[PDB]
Every structure is written in structure tokens, then in C-alpha cells.
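Okay, so here's the structure we're looking at.
Chain naming here is simple, since letters A, B, ... match the order of the sequence lines and numbering starts at 1 in each. All ligand and atom numbering here is 1-based and tracks the order in the structure. These numbers come from the heavy atoms of this one structure, side chains and all, not from hydrogens, waters or symmetry mates.
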Amino acid sequence: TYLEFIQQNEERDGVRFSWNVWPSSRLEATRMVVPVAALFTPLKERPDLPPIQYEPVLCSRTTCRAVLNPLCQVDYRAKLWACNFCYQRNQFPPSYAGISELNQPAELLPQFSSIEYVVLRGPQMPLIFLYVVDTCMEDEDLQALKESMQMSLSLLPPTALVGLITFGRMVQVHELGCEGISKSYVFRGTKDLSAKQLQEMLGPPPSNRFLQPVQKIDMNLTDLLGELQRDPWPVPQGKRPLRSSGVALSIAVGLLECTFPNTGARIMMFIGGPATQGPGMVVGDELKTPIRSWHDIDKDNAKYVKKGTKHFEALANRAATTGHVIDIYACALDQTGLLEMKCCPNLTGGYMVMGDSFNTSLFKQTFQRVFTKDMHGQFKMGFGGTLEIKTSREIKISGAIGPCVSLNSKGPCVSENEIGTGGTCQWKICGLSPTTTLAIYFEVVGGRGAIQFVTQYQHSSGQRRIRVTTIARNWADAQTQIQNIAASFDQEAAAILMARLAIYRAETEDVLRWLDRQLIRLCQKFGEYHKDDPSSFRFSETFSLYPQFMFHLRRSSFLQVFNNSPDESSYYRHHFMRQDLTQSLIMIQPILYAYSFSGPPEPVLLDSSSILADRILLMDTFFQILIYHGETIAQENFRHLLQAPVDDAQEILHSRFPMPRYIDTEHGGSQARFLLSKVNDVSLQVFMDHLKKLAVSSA
Amino acid sequence: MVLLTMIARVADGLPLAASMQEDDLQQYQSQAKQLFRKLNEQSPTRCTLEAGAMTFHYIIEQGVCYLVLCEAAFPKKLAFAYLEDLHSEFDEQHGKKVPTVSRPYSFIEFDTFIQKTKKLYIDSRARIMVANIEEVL
Amino acid sequence: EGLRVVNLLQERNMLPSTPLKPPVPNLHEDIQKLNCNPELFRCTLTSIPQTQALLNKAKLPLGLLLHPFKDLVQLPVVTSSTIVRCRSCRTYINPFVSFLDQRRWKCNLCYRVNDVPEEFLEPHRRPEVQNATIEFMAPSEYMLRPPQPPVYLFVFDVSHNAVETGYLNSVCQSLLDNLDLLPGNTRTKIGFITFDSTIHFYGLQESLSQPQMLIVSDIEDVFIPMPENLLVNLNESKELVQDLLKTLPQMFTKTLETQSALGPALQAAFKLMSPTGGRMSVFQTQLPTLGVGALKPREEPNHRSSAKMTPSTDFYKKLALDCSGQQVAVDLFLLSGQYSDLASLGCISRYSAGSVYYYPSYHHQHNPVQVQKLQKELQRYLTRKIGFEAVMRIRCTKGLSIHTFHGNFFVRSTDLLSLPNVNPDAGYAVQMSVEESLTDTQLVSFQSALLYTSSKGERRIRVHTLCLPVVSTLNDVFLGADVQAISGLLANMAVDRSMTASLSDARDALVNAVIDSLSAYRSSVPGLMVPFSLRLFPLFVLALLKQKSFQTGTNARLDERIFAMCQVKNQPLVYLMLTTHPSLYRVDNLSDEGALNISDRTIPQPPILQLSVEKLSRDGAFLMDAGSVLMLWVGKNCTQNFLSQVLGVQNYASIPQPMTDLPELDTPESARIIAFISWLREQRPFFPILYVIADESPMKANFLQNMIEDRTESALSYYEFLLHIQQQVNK
Ligand SMILES: O=C(O)CCCc1ccccc1
Ligand SMILES: [Zn+2]
Ligand SMILES: [Zn+2]
């Protein structure tokens, strides 16, 4: 079963390819419609793999240096092995002298195609957490934010270093645990500082006066966080607070850059409004002028965006080069400036949380999900990840789309046609989780093509770890090329990988015109039809859902930005460019469940016909979970039905990291609009009919 | 949306209490004293004067004039609520000694209540007649 | 009395055994009995020369010396609904006006007749005309703004050197003891700043568990970090400022900050006070070396270096002018053990009506003298009265013109002195000249007046008026000369000659002041003949030339000399005389010739001895009143009754090396010397410490540096000085 194959490979290797069978010829590699690409999840969880405590064993060839993998030919008699990538024959290291065929290395069993090594050579650095807190917000929001950070403090590792930076009109770098005082370094939030200047102006496991071990500082920081008060500067009438977010971040970046560069650190920024002063300003302090919209930016009526986006863009590259993570937690009724600040959590592995207020269960729960621990009590987060990809000599890499930064590492596996963050075989991922999914786009220039994923990152324990996923896919049979190719098509993975390419081009500007010429080209090459007969068009069970995915993608909020705020549009694309396949599908085509007396809950189409008056609906967009009551039900058996979707909702409410917004609406309710807008050129019926007219006519 | 508060005895214009903070004050403090001079027993007990980019607001109770200046953008509704809080407190504390004093600023120590009350109005988070000032002068 | 001529070469002990008294102007009995108290206001020539040509002939300087804010035993405070001021020159109605029509009075300064208002009513019995010293209530027109509150900002150096001296522990202790005694009502504000390489503000809020130390590190671009609780209400926040004073000395024990950014810190302290003004107490302990206003090190001179003063930068002068325009006065407490360029740092106190305090080589353990000195000088500093946002005008009768001002202030419009603060321990001096011949008048008057805001928030005007007669005879000018006042004015004039020219020219002009006057006196009459009023004139000029301000052949260091010149410019005349020529008494044998009128105290009155070792005696003990200190030198062969009954010691050898004060023993010999000393310090508010340390071998015999009549390896004796003058008088 080709589906059993795709399932188990994602369960084992955390990867999903657009095509599981690759073009064996130059004429088919150039005529590829959906590119050969992979939805790679470097830290995916699974059924208790054994952590390999010995050295990885690498190939002895300067340019290659691939890791010993199940695709390597062994020779237990001669204690040799041939690297499957460069054909180089290798000798076994001394620790492998007792190697035998009845007792072999884990890295050779096909069960351990994806495996994790631990390198224990240098002393382990502590983790670093830098709270960057805005103070220009209402007391109920600030007190709630104070309570959220005091709780996260009680979960950090005792070895972890902590710093505190509060800001409003001025920026305050706190010197922790000073005794009898509790001083702080105050800076103007009006001019920027480099790392060097900041280092000059400011001054066994290491630490600073500003970054200190939790175990020795937690009691003083939990009292400081409890005594934090709003920005003491007054806000005159008709004015926004002077909020220096752009400088407060550049001081949090420069602080760690000149104290602990190239080590896992988390810059957690808490925003209660837009940056109204200094570099990285979003909007002026005049309440008369509203924050910019998608209408304002298209009509050249947003004088702060480009200058503001450019500021945080350099900050993102600074922290990404230094290897530090920038989180952004925004909760305000107006907009916040995520459009201008998106590069910081996007280029690093930073999280981006959005809400109306820090005083909601939405934020409070979402925030403590950041510090979820696994079966040992350690955070599900890794730091400073370096992803290197080894390919066969026939496979080049166009690039990646996802939370990563190019290390600009040159090599024969770099493709001329670069895609996304391309032109490199190594990518830095400052922060990642078991969910972090990259999108690698390959290009081809008996059997088996091979690709190896090597990910060295800093574990939440401080240990240096190396994840090695080695996958192999058959080369297409020459006398059955396109027939074998078509049978391996993963229509779900290809829809997300083609959606990744589109949103990346939109967020870096038509895009729909490209998205259609490829759906049409896929229809003609892999569909069944008589020419000029639209009624004849069918798709295999392998391709039948791809057009429907394209229908819901081209109309999604990821490409139709209007009727959303720019902060919402940047927030939606942020989480899509990071999630795995299954959650990405839920974003583009929300799931719909029906509830009625006439049977147990059942999934239903995302069409207006699914909305019945005597039926309760559950819609699962990734960002929001919605419950709808038809006109009739809007009034022990009535209890089971009314709470049947509520019980189903509570489960998925918890596991999802960015806790989705819950909605309880009914017929006529104002909140029913979210259901009516995801549902239904016009509809799918007209879209499919117009698609068949172009598929059966000229190419 | 800034400050200037003067409390004077209407009969002579004798300054009783005031409050000023800069970091000009010289011009509008003159017009303020020109006004205290012209004020008599027939002047409007509540008024508002337009001084270009600035605007005066005063009330009168018990022969005591409570004057405030600010930028014209400041809510006139709030300015009179500010003067009302000053008067009720000032009258409660020094209402019966106003007609006896003869020194200027015989109630400087009212500086305290003026500025702690002033801050509750020059911060949006904390939460009659009109004539151009150049005429009356 | 004496119109008599004195041959200084034959007398030789012309110094009286009793204290000098200021001359009485040759005035009518009824005019003089109302004249201004000479402690508050006096003139070098109590008989004003009628013409400038006569003044030039006498070769004596004409000028005034005033102590206008001096603490008074009794002050008439007039609350007049109307202040009577001459309609032309604005002179206040003073006792020396000329009432004629009993409803019109003639101004004694510009001779204009003015109408007495129907309030002033016998108008000549009015208090404004019966007192030369009187304080007014200024009406609403004498204030540019509401009465500013009393604001005190203390700026502390906390560098490594400053932490080693240990001054911060005693200063914070003084403030704790004198918190309720700071002048001010419930409007009093207080602030605190520490600084090294960075500037440290201290916020104080009742809502927070402890103060907060806000540090601005941008030294080239300082700012105020918090808008509300840096200058806090002392009355409301008494508990908060007390915990900070108990905590501040402990915060910097392990400091490695070797540099000091005084300039930036003063700029930050200025911005914090610029809204209101007040008194800025700066405590610096070293050369400022970081940031704006940085000063280069200088190599100290030795006895060999000749007379080859000025500031090295105008930064602290420009900054002082900015503080003056905002009613901010800066007092400079310098406790440096090394050179700190006080010639440049002093500008912060001179041009802002502040006072500089100098404690060389201060150390909490090593220098117990400077410790107790600072303790008592701070006790006065924090508790003396104070006036804020003040100006002062010096008026004199038409024909006389003031052309040079001396003291700590800023001079705005000729005769307009800016006093951001005014303190009762400051002294001022003026130099005048006869611009128009006084042929018309036989009396001239001089008026100074002090418009200030009291510590209680009341505009007041303290006015002093002095009247003097006019003469046209060379001998009449000499007969009214004030030898002490001329010495004071000449000291101020020589300080300017130093900065302006050099220490050599300053010393020459002093020497020429005696030569030219006595040569002019001789040409108007064998030995050295001087009038009775100028018999101490070479003695006091000699002591001036051996004082630490103008001495040459000594090992004196730069900041010592600069501070000595700062004290000349800022102290009243009494303290300049007590320093330049200290009073020397023998104290091991006090008896009953004293002022035993004071109820139950006898208080001996030993004679004043002249400043020569030839007056000492190894058999006795000698106390020297230097004004600010009381050094008790003891003889090696001293008596045994003195040791055990006064010093509490059984022999000269076991007199402790540093002795901070006398014991109060159950002996009548001690009761006598304690009575004499306690009476000496009651003559002044500045409590003077008394250290007996002057043994015959304590290496602290700077007691002998005041024996100005003797000769040294690089200065003339008093007799040699007369010999040099006489060769010049009749050259
Ligand atoms: O211009 C003036 O002289 C009047 C204001 C200054 C002043 C006040 C009081 C006393 C002396 C001087
Ligand atoms: Zn290899
Ligand atoms: Zn006059």
C-alpha cells in the first residue's frame, strides 16, 4: 500500500516527499511539474529510540564525511564499510573492533534510519532566558503578564541563566540580586546601540551581573517581577504611550551577543502595543492616526513599515548569526507591529504568540505550553541547530523554506536554481521543537537515490546531540518512467510544498497565476481525458484531492490578505511555514464534523450543504476551534448532543501549541461568519469545471 | 495638555498658591496676572479664554479665582473638574483665612495638593463662556 | 586714641594685647549711633576721599566689605504694605535720609526728594528709619515665579579612591542626624546621586520594597531616567531617605571603578534641578578624568620652583553659569589626597554663589583631624539658615562708582549680583573709585539689599545701610583708615592679580601697597614713620605674604593654594584676619583678669601675643586661634601641674600623638582652660576643632608656620620687612 509507505516513513523519519519515485532521466527531471521536495521534521518524536552515546562514525573523505547509515555496505570480516554517497571504503574505529554480524551497530539497522547521537566532550553550557517586558499596558494586563513570567521562572532549570529587560519610554537592563537595591541600567529608547557600545557602557559555570543562575537568583527575580509597575511616564490625552520596542530588542540582542554568543539563548519579548518611538517604529504617538492596514500599505500610506521592517530585519540576522532565539508575545486590542517584527521569530526558531490581552486563558495557557516537559522533565526545545544535507551525486538542493538561515556553505550539492533560503547545504536553526518542519526543495541534474539529514543542536539538558535521518527512494524505471512517478505522488505533501513556495513568493513580492499554471500542467500530464472534452477528465485516487486543496489554498487567508490585519496575516503565515503536514492541511482546508441524533459524530464536507438546522458542527481551523448550532438547536439526550463536540474540542484544545481560539456560536450569531467564509473564482463546482476546460484543451 | 495653576484672591489679585514646571512661562504668567487684575465682582464666575495655541480656564468661588492654563487641545471638560477639585479642597482648608492674609503666596504649602491632583489629570491612563483672551486684556 | 605718629622701627610690639576693634567713622554722635554694625558692613576708608586725586595720593584702596546674611541676635522684620523706595535709584528708605517737609524726604544716594505715603504715618519714628539693618517682605512684583521650595541634591563620588577615604560613611551619618534640621517646610525636596564611570540616580517610592539605583551609562548624552520620584518630598518620604542613607555607604565597598566622570554627573545633577533650583552638594575626592570636563594631571611644585593658578578648562565655569540661570548653587566638597585641579573645579562654586570645602588627604582612619573637621563643618552646613533664588544690589551715593566685585556670585548688570543660594557664612567685597568729585556732599551712604526666598517660602529683602563722612585732607583719610579692612580688600585684589598676571606681580602689588602709601605719608610730613591707624599695616601685609595663598618658598601644593584663595574671596573679614594672623595666647597659667561677669563662669582673658617664636616658652603652653582650628602647642619643659591637671598626663612623653580635644578634668586649672576655649568657640558658629597634637616633635608643627614675624630660609622676618620698606620709602 502506497499509503502505508507514506505513513510509516513519516512515523519513522519525520519526512514526507512530493514524489517517492524520482526521475531517472534528464528529460523527466526538467519536465517535473511539482518539484521533488520534502517536508522534513528534524526532531519528530517516536517510540523511544535508544540514544546512541558513541561517536557517530563518519566517512573518511574530506568532501563527503557522511554518517554511517543502513544504506552502507558493510564487511564484518574485513572490518570495513563503503560510504553509500562517495563509494569511499572506510576502516572501523577502535571502539568498533568487537563488531560482529550477530551484534551490530544500531546505525546500520534499517529501523534506525533516523537516529540520535550524543557528544559528551566539552562541559555543557547553561540555558539562557532573557525576559524583555513592555510596561505600557493596563494594570490587569501587566499583572497577568507578571504572573505568567513568575510561573515560567519556577519551571526553568536551576543551571539556566536569566536576565530581565523592562522597557517603556526608556530601556532598563536590570542587574539582578543586588541586595538592598536591585539596580538597573537605563538607556534612551530613541537611539540604537551596537553590541560593542552596549558592552562598554555595561562593563566553574559562567554568568554575568545581568545573567545569573536560576537557583541563586530565582527568589530575587520572582520578587522583582512581582513589583514591576507600568511605565512611569504619563500618557497625555489623545496620545499613544511612548514604547521603545525597537531599541529594547536591539539591547537584548546586543547584550547576549557580547556575553554568550554561539549558545542557546531565548530572547522572550512581551509586547502590549506597537513600537511608537525609535528605530523600529510602527506608528506615531497620535491616536488620531490608526495603525496601518493592508489597504494603507497598498496605497502608499504607511510611512513606518519599510523603515520599521528593515530595523528588526538586521536584528533578526544579528541574533540568527549569533545563534539566539527571539520569541515575540503580543497581546493588545489594536495592532502590534508583527508585520515589521516577523523576521525575528521567523529567521530564528522563535515563537510568535498573538492575543487580545495577557489576562486571558488564551495567553496564560499558550504561554505555559512553551515550557512543556517530556518524560524526563526537560523542555521540548532545542537550540543552535545546524542542518546539513548529504545527497547522491545526482541530487542537488535548490534550498529550504521554513525557520532557518543559510550558512552559505558551498558544495556540489548546491543547485544553480536557488529556492527560498538556498545556495547552501547547511542551514542554521537557532530554535526548534519536535514540530519544527522545514521544506527542502531538491533538483535532479539499479535504483535508490539517497539523502542524509544531519542536525546538530543543543538539547534542553545542555548536551550536544546529532540527529541523522538517511532516506532512500527508488529511481524511476526507464521503461515505466512517468507511470511509476505518478504512482508515488503524495498529493497532501505536494499541496503543502507548493503552498510553501507560493506564500514565500507573496511574502517577498501574480502568485495565483503561477499556482494555476501548475495545477493545469499537473492535470494534463497525470490526468485522464479526451482532448476538448471537459466531461472526460478524471484523476487517480492519487491525484483526486490535489485540485480541492488548491481551491482552498488559493482562497485562504495566506494569499488573500485583505479582510485581515497585517499582524494577523503575518501571524497566519508564520505558523504555516513551521508546522508539519497534517497541521498544515488543517490550516488550508479546515476539518468539519457533524453532530446529530441521527448517528454518532461524522466528518462532513466544507460546503454550505453541510450546515443543517438540526445539527451541531465542529470546525477545526488550526488557529480556531468553532462550534455551531443550527437554527433548531439554538434553543439526558439533548445533553449528550450539546456537549458531544465540547468533549471532542477539549482534547485537541490542549495538545496544539498556539492554543486555538474557541468559539460558541449558532445560526444568526455574529460569530457564525467564520464558518460561512471557509465553507463552499466562485465555488468548487465552478472551479473544477473551469479547470477541466483548460486541462482538456491546449497545453 | 500641560500645566499652569494659579490661585488668587479676586479683590486685589493677591497670589495665594500656584505651581509651575518647565523642564515660555514668562509671557503667559503675565497675561495670568493681567487677568487677576481685571477680575472684579461683575466678572463671569466661570469662563474660558483662547490664547492661540493655549487656552485659559478659570472658576471663581468665595472671592477666590482658580486659574489654569494648558494647550488648547486639552479637554475643557477636564480643566473645570480640575479646578473644582482644587477649590473644594482649598476652600475646606483655607477658605476662612483668605480674606485675612496680606503676604503674597501665603499658602505656598498648597503646592503639595496642587501637583498630586495635577498628575491625576495629565495622564490618560489614570482616568461657562468663551472669548479670545486678547479682548478682555 | 591717637593722632600720633609711630616709628615702627623703635616700637616693635605695637600689636595690642586686646582684640582689635573696627574704627568708628568721624561722624556726629546721633548719626553714628544708628550706623550699620561693622560686622555686617564696613569700608577700608571710614573717611571717604572727596576726590579721586586725593584717593590716588593716599595710595590706599577704597572699597567695602560686607557680610549681609550674617546670623543676627535681633532683626527688625517690617511687613509694610508698601516698601518706600526712592523713585529714581530705588534706594530703600534708610535712617540716613534727609527729612525736610515731614512729608517729603531726600534720598541719601541720588538726592531726589520723594513723597512720604499716607501709610508711613511722626514719619521719622518709623522702623525703616530707626534701623540700618532691617528685613522686608517682598510683594508679588519682586518675584519672577512662586517661591521655589527648598531643594537639596547630594552628589557623591563613589569611585575606588572615594571608597577608600571613607567620607561617605560620615556624610550619610550627618544627614541622618540633621534630617529634621534641614531648613525648609513641608515643601522640602531631597535627592541623591552617586557617580564613578556612570551616573547613578536613586528613585524612592513607598510602593517599592527598597530604593532603586537607575544608572545612565551614556556619559556624552545624559538624561533624567524617571520623571517623579528622584527628588522626593522629605516630609512624606522620611523613612525612604533614611534607609538609603543607611545603605549608601555599604553599596560600594568592593568597587573597582578607578575613574570619575564628574562633568557628566554635574550635568545630570543640573538637569534634575533645572526645573526648580536649590543647593547642589558635590562630594569629589580625585581628579576628574572621564568624559566632558576632564582635567590633566599636574606635577606639584617644590620649595625650589619659583613663581612661574588659572583653570585648565572653562567647562565648570560655563556649567556654573548655567546653574546660576536656573537658581542652582553648587557647593564643592573636595576630599582629595592628590592633585585634583581645584583651580578648574572651583569655578563650579565661585560663579554659582556656592562655597568650596577642602579636606586634604581625608581618610576615616588615617586623618582623624579632617574627619572631625568635616563632621563639624557639615554640622554647620546642614543646619545654617539659607535663602534661595537670590540677587543682591550694592548701592552707593552718587559720585562714587563700584567697579569690581569680589566673592561667589554671578554679576549680571553692573551692580546686579546673582545668588542662586545665599549662605550666612559668605563674605563679599567691592572696590570703588571717585567718579565725580564729592564737593557737594559731606556724607555718603552705601546700601546693599538681599532679595531672596526664605526656606519657609516667603520673599524677603534684607537691607543694610552704611553712612560715612567725606574729607579732603590727606591726613584725614589716613586717620580713618581701617587696617584690617584694607588687608581684606588687598587680599581679594591680589587673588585677581595672581590669576590675571602671576604670583610675583600679586606679591609685588601687595608690597607696593605699603611702600607707596607710607612713602606718600612721609612726603606729607629718619626712621619708618606711620600714622597710628597704619601701624599694623606692614605686619598684616607680611602675614598676607606668608599665608598659604601668597607664600612662595614653602612646599605648598597646588590645591592648598587655590583653596586658600577661595577662602579669601568667600569668607568674612573676621575669618581672613584669624587665618592670616592667628591670635596667640598663653594658656598654662590663666587667672582672674577675665570676663568673670557671665553668671557662674569666669573665663580668663589672657593677653594676645605677637606671632614670633621668641614669645613662646618651653616651660609653658600656647593656644593659637586660627579661626577654624585651635592648635595648642606644648613646651618640652612644660610644668607638671599643666600635664596632670589639664592634659591628664603624667609626663610630656605620654601625651598621645594625635590629641583630638582636651579632657574635662576635676581640676580648676582645667575648668579655666575649658572656660577660655569654650568662650572662644562661642564667638563663632563654625565650631573649631582643637588638637593639642602640636608637640615639640609630632611632625605636625605647622603651628610654627604661623609665626609670621620670624625669618625662614625663603622669607623675610618682620624686622627685615620693615628694613626693606624703609629703604623704599625714602629711596
Ligand atoms: O532691580 C532691583 O534692584 C530690584 C530687584 C532686585 C533687588 C531686590 C531687593 C533689594 C535689592 C535689589
Ligand atoms: Zn563518504
Ligand atoms: Zn535715590
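- For ligand 1, the recorded drug is 4-phenylbutyrate.
- Other chains with one or more heavy atoms under 4.0 Å from any atom of 4-phenylbutyrate (ligand 1): C.
- Residue contacts with 4-phenylbutyrate (ligand 1), taken as heavy atom pairs separated by less than 4.0 Å, involve C/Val391 solely via side-chain atoms from C-beta onward.
- Using a 4.0 Å cut-off to heavy atoms of C/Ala449, the atoms of 4-phenylbutyrate (ligand 1) that qualify are 10 (C), 11 (C).
- Of all the atoms in 4-phenylbutyrate (ligand 1), the ones that sit under 4.0 Å from a non-hydrogen atom of C/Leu451 are 8 (C), 9 (C).
- In this PDB entry, the source organism listed for chain C is Homo sapiens.
- Restricting to residues UniProt lists as binding Zn(2+) in chain C, the heavy-atom distances under 4.0 Å from 4-phenylbutyrate (ligand 1) involve none of them.
- When non-hydrogen atoms are compared, 4-phenylbutyrate (ligand 1) lies under 4.0 Å from the side chain of C/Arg395 (C-beta onward) but not from its backbone.
- Interface of C/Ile461 with 4-phenylbutyrate (ligand 1), defined as ligand atoms under 4.0 Å from a residue heavy atom, comprises 9 (C), 10 (C).
- At a heavy-atom cut-off of 4.0 Å, the residues contacting 4-phenylbutyrate (ligand 1) are C/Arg85, C/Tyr92, C/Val391, C/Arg393, C/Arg395, C/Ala449, C/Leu451, C/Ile461.
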